[PDB]
Asks: 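Below: experimental structure, nirmatrelvir (bound form) bound to 3C-like protease.
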Amino acid sequence: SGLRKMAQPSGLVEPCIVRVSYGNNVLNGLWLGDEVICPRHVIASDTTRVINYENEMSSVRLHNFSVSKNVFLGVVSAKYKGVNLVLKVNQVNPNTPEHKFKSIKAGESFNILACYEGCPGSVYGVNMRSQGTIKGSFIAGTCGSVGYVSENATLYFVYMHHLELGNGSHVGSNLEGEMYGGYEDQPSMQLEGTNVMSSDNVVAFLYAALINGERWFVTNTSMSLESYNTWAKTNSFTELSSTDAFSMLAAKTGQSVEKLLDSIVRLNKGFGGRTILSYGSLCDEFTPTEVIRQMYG
Amino acid sequence: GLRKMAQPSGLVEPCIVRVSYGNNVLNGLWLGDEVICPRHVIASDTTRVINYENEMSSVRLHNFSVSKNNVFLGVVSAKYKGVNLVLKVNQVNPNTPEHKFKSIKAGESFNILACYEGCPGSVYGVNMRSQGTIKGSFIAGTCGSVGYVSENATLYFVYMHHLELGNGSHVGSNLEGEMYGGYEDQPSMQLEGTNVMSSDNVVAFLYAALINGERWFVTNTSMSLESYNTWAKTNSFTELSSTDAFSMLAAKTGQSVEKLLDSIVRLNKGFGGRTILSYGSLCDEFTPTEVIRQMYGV
Ligand SMILES: *C(=N)[C@H](C[C@@H]1CCNC1=O)NC(=O)[C@@H]1[C@@H]2[C@H](CN1C(=O)[C@@H](NC(=O)C(F)(F)F)C(C)(C)C)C2(C)C
Ligand SMILES: *C(=N)[C@H](C[C@@H]1CCNC1=O)NC(=O)[C@@H]1[C@@H]2[C@H](CN1C(=O)[C@@H](NC(=O)C(F)(F)F)C(C)(C)C)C2(C)C
């Protein structure tokens with residue numbers, strides 16, 4: 001039946017995206033109520049070198065702002081909230097959805113609505129890596145793009161884009177102005193720690209493969225949870241607290257997690273020219289609930 | 001990296017409705033006072049071969065139940081149009097978007113709004129394969145989910161899901177009732193023929209891997225376009241009509257198309273153990289226009 005990296009519908013988020021400009025910098029902002037949130041580096045006079053954000057805030061002028069969506073809104077108030085700029089504007093968004101704010105932990109998945117100059121362009125799914133970054137595809141002009149997730153009909157805003165590390169990783173903020181991974185919103189070479197892959201997600205990915213008729217990687221072998229967790233700590237893998245999150249998947253496929261744990265250790269050395277749903281290497285991008293919901297509704 | 005993206009779904013979501021007839025529950029597309037949906041909904045047994053006109057003559061319109069959130073759309077007329085069921089309802093959709101109907105061709109990308117029993121659930125991009133199938137993720141209750149694509153602000157409805165073949169390939173139709181690939185909407189053994197790889201989309205895929213710093217598959221050898229087309233006729237790849245579509249990509253990457261055509265023939269037999277953009281084999285779901293926009297915007 002298939003497995004694809006899916007995005008949640010974005011109909012509630014698109015009417016809240018706006019264009020935000022200051023001088024020669026233009027990016028996107030999130031319009032909720034009578035306030036606009038956007039990365040604070042929109043007011044930097046020179047993103048070339050390291051920015052003194054206190055100087056840029058002292059030299060700010062509200063008239064130099066422009067916040068528009070197809071409709072122009074004047075800015076009446078500007079203030080820093082963490083690495084985020086918070087702008088009050090003279091009009092309340094009539095399409096403000098019921099929403100909350102949250103932060104994303106490692107291994108969790110959420111949806112990226114990538115936008116360009118206030119125009120929502122595309123939407124796709126991502127997965128939070130252990131160092132506080134995501135493998136997005138942000139390019140020039142995508143700062144301010146919003147991340148979100150829906151849980152039990154509750155809309156959460158969880159991500160706003162900011163920068164791209166030298167290794168290509170993408171660093172963003174939550175919507176209280178706190179940058180993921182402790183990175184700075186400065187144009188300087190910042191290093192990313194070694195990536196610890198989520199064993200919970202890798203196991204779910206292998207279960208998705210079994211449900212789609214892939215089976216060459218499971219043998220008459222089964223590795224113990226403590227034995228796997230010892231292997232995990234020396235090969236940059238999360239330790240599995242238990243196998244309880246896979247009871248349903250294990251009964252439907254008739255394959256235990258312990259059998260799947262042995263395959264991970266074997267598959268970590270390479271697939272040997274074979275495929276697992278087109279992947280040539282292990283993939284920790286799908287959570288267990290992501291898989292269970294896509295395979296069984 | 002190279003990721004499959006989907007155009008946003010704000011215009012499509014409010015047109016999705018839940019259509020149920022007997023024991024069948026699926027989706028429908030509510031446009032004005034017309035609700036299009038797969039015609040198999042009106043069938044009493046989806047396990048055996050279906051007489052569609054005999055079921056149309058026994059169609060009691062009071063048994064339909066069209067629904068969106070809390071609006072109940074009474075069906076006043078029902079008629080076949082190809083493999084699709086076209087219902088006339090007593091209420092016009094106040095959120096009908098400006099749209100047209102389009103037909104996707106092989107090697108072209110579009111978006112899927114995967115809806116489950118009338119509720120829009122997820123959004124993802126797909127690609128049209130030579131035999132009229134796509135490779136997505138559909139399960140029970142997702143029939144009638146809508147394929148769409150926007151070009152220069154023009155919204156096109158292009159796909160409606162119908163069935164899954166035994167090999168996992170997914171089969172749908174356009175909004176005019178013409179089934180892609182010509183497959184029947186019957187629960188019978190139906191083979192998908194030989195799949196033919198779009199060489200346009202593989203060259204685009206290999207270029208995106210060059211921008212991502214993956215260059216182990218490029219050597220110093222080249223291969224003519226004419227000689228690649230001769231090789232493609234017997235290896236189930238489409239022929240290349242021009243190297244012009246990749247003139248931007250070839251300039252930014254420093255590799256002519258002919259050098260990656262040689263890469264195609266080599267990597268077609270297997271990557272030898274290495275990977276490309278996390279793939280284990282050649283991928284052809286990304287058009288040149290797709291790759292260029294994702295890499296360079298504008
Ligand atoms: C805003 N639209 C961009 C988004 C970037 C463009 C490439 N991919 C993205 O996600 N963000 C920036 O331009 C920010 C901005 C200055 C520098 N910057 C960067 O992302 C740069 N990175 C760095 O300087 C580094 F290495 F330190 F992280 C860049 C080299 C352009 C990718 C500020 C204020 C951080
Ligand atoms: C409609 N909601 C489902 C969608 C299916 C469910 C699994 N993945 C999908 O794409 N499709 C159907 O109900 C259609 C419908 C009867 C049976 N059917 C199938 O898709 C079946 N396929 C075939 O019979 C086959 F292989 F021959 F094409 C099924 C075995 C359930 C996958 C009718 C009228 C074809």
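In what follows, chains carry the letters A, B, and so on, assigned in the order in which the sequence lines appear, proteins first and then strands, with residues in each chain numbered from 1. Each ligand, and each atom within it, is numbered from 1 in the order the structure gives. The analysis underlying the following values was restricted to heavy atoms, covering all of them including side chains, and did not include hydrogens, waters or symmetry mates. Looking at the header, which is where the method is noted, we find X-ray crystallography, 2.4 Å.
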Asks: Which of the ligands or chains here are copies of nirmatrelvir (bound form)?
Replies: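 Copies included, the answer is ligands 1 and 2.
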Asks: Around nirmatrelvir (bound form, ligand 2), which other chains have a heavy atom under 4.0 Å away?
Replies: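 Those with a heavy atom under 4.0 Å: B.
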Asks: Which option, B:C143, B:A140, B:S137, owns the non-hydrogen atom nearest atom 3 (C) of nirmatrelvir (bound form, ligand 2)?
Replies: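 Residue with the shortest heavy-atom distance to the ligand atom: B:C143.
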Asks: Give the atoms of nirmatrelvir (bound form, ligand 2), by number and element, whose distance to some non-hydrogen atom of B:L165 is under 4.0 Å.
Replies: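 Near B:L165, meaning under 4.0 Å from one of its heavy atoms, nirmatrelvir (bound form, ligand 2) has 26 (F), 28 (F).
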Asks: At under 4.0 Å between heavy atoms, is it the side chain or the backbone of B:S188 that contacts nirmatrelvir (bound form, ligand 2), or both, or neither?
Replies: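 It is the backbone that touches nirmatrelvir (bound form, ligand 2); the side chain stays farther off.
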Asks: Checking the N or O distance criterion of under 3.5 Å, is nirmatrelvir (bound form, ligand 2) in contact with B:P187?
Replies: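 In fact, backbone or side chain, B:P187 has no N or O that close.
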Asks: Between B:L163 and nirmatrelvir (bound form, ligand 2), which residue portion shows a heavy-atom distance shorter than 4.0 Å: side chain, backbone, both, or neither?
Replies: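 Both backbone and side chain of B:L163 come within 4.0 Å of nirmatrelvir (bound form, ligand 2).
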Asks: Taking only heavy atoms of B:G141, which atoms of nirmatrelvir (bound form, ligand 2) are found under 4.0 Å from at least one of them?
Replies: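 Atoms satisfying the 4.0 Å criterion: 2 (N).
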Asks: Below a 4.0 angstrom heavy-atom separation, can you tell me which part of B:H162, side chain or backbone, both or neither, approaches nirmatrelvir (bound form, ligand 2)?
Replies: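 It is the backbone that gets close, since no side chain atom is under 4.0 Å.
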Asks: Can you check which of B:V41, B:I50, B:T142, B:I139 brings a heavy atom nearest to atom 5 (C) of nirmatrelvir (bound form, ligand 2)?
Replies: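 Shortest heavy-atom distance from atom 5 (C) of nirmatrelvir (bound form, ligand 2): B:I139.
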Asks: Which nirmatrelvir (bound form, ligand 2) atoms, with their elements, are less than 4.0 angstrom from a heavy-atom of B:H170?
Replies: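 Taking each heavy atom of B:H170 in turn, nirmatrelvir (bound form, ligand 2) has 10 (O) under 4.0 Å.
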Asks: Any nitrogen or oxygen of B:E164, side chain or backbone, less than 3.5 Å from one on nirmatrelvir (bound form, ligand 2)?
Replies: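 N/O-N/O distance below 3.5 Å exists for this pair.
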Asks: Check whether the model has a covalent bond from nirmatrelvir (bound form, ligand 2) to a chain and give the residue and atom.
Replies: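 The covalent attachment is at B:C143 SG.
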Asks: If you measure from each heavy atom of B:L26 to nirmatrelvir (bound form, ligand 2), is any distance below 4.0 Å?
Replies: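 No, B:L26 has no heavy atom closer than 4.0 Å to nirmatrelvir (bound form, ligand 2).
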Asks: Could you say whether the N/O atoms of B:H161 and nirmatrelvir (bound form, ligand 2) ever approach to under 3.5 Å?
Replies: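 Yes, B:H161 has an N/O under 3.5 Å of an N/O on nirmatrelvir (bound form, ligand 2).
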Asks: List every atom of nirmatrelvir (bound form, ligand 2) that sits less than 4.0 Å from any heavy atom of B:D185, numbering the atoms from 1 in the order shown and giving each element.
Replies: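 Near B:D185, meaning under 4.0 Å from one of its heavy atoms, nirmatrelvir (bound form, ligand 2) has 34 (C).
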Asks: Mark up the atoms of nirmatrelvir (bound form, ligand 2) that fall under 4.0 Å of a heavy atom belonging to B:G166, in ascending order.
Replies: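 Here the atoms of nirmatrelvir (bound form, ligand 2) in question are 26 (F).
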Asks: Identify the binding-site residues of nirmatrelvir (bound form, ligand 2) at 4.0 Å, heavy atoms only.
Replies: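 Using heavy atoms under 4.0 Å, it comprises B:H40, B:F138, B:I139, B:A140, B:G141, B:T142, B:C143, B:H161, B:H162, B:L163, B:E164, B:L165, B:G166, B:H170, B:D185, B:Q186, B:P187, B:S188.
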